[PDB]
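Here is the structure we will look at.
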Amino acid sequence: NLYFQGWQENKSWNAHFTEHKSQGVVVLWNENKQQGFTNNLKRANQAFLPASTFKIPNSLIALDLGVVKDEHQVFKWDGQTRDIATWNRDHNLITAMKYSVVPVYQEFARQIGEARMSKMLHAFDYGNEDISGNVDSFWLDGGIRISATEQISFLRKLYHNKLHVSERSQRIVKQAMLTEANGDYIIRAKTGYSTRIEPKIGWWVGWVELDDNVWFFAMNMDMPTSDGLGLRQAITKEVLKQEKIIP
Ligand SMILES: *C(=O)[C@@H]([C@@H]1NC(C(=O)O)=C(S[C@@H]2CN[C@H](C(=O)N(C)C)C2)[C@@H]1C)[C@@H](C)O
Ligand SMILES: [Cl-]
Ligand SMILES: [Cl-]
């Protein structure tokens, strides 16, 4: 009923990791040609905590259930001064995602509740579909795990409005995922940094929109310290540049 030609390996991309003495994986998917490429087929399929990349499915469910009315609704800061300054202020869905404001999304999670969260992730075919742990932190220190190639599968459904939520919900999240746009490309993506449970990793998942194609990407990389957080985007763009996807 369905055909997949199989990922193609390209170890030459490891130079962009070793150049910064880093370890990780980049996965690319050419949508027009239905071809996949990665520097490490084993790590492409290794599943990790999604950490803040969970804001994508969390946003979708919150919108679809009415927990979030639209992208303008204001979520008032609760008063708790936290170590990331941009969290210590009011937010809407756009800025809550831009600044990765965990406490706003923890509230979403509590209002969604266990049963609806579990049912929706099953409908999404998201990762291992396991929400064991605190309803408001399981994507940070509980049971859910997702690999880079699984992030691509999920993102392809979101891109095509094929997830089992409303088209509007999907359009709103793709708007909030907007990260960069110029005359050559649009990037819709979400960063992540998983620290509560070993191993500490950085994530960047999303896609590059071109005039007549879309390249999906999912990367993660070992991140012992926050010093190399910028390497998530930098390494990914080096691979994009090498493959001639962006100038
Ligand atoms: C998500 O995984 C964690 C938060 N999300 C992110 C992120 O998207 O990178 C961070 S990192 C923090 C916020 N922005 C700063 C940054 O990106 N640089 C200085 C480069 C640092 C949060 C930790 C969530 C689980 O806390
Ligand atoms: Cl989060
Ligand atoms: Cl947009």
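Heads up, chain A uses the PDB entry numbers, so what you see runs 19-265. Quick note: numbers below take in every heavy atom, side chains included, and nothing from hydrogens, waters or symmetry partners. Atoms within each ligand, like the ligands themselves, are counted from 1 in listed order.
The drug or drug candidate found at ligand 1 is meropenem (bound form).
Structurally, the greatest contact with meropenem (bound form, ligand 1) is made by what the PDB entry calls Class D Carbapenemase OXA-48. Not close to meropenem (bound form, ligand 1): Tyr123, with no non-hydrogen atom less than 4.0 angstrom away. Counting heavy atoms closer than 4.0 Å to meropenem (bound form, ligand 1), residue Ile102 contributes side-chain atoms (C-beta onward) but none from N, CA, C or O. As deposited, the model links meropenem (bound form, ligand 1) by a covalent bond to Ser70 OG. Among the atoms of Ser70, some N or O lies under 3.5 angstrom from an N or O of meropenem (bound form, ligand 1). Residue-to-ligand polar distances place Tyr211 within reach of meropenem (bound form, ligand 1): an N/O pair is separated by less than 3.5 Å.
For meropenem (bound form, ligand 1), the polar-atom distance check finds no N/O of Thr71 at less than 3.5 Å from any of the ligand's N/O atoms. Looking around meropenem (bound form, ligand 1), I see no other ligands or ions under 4.0 Å away. Counting heavy atoms within 4.0 Å, the binding site of meropenem (bound form, ligand 1) comprises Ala69, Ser70, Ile102, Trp105, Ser118, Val120, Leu158, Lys208, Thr209, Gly210, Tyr211, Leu247, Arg250.
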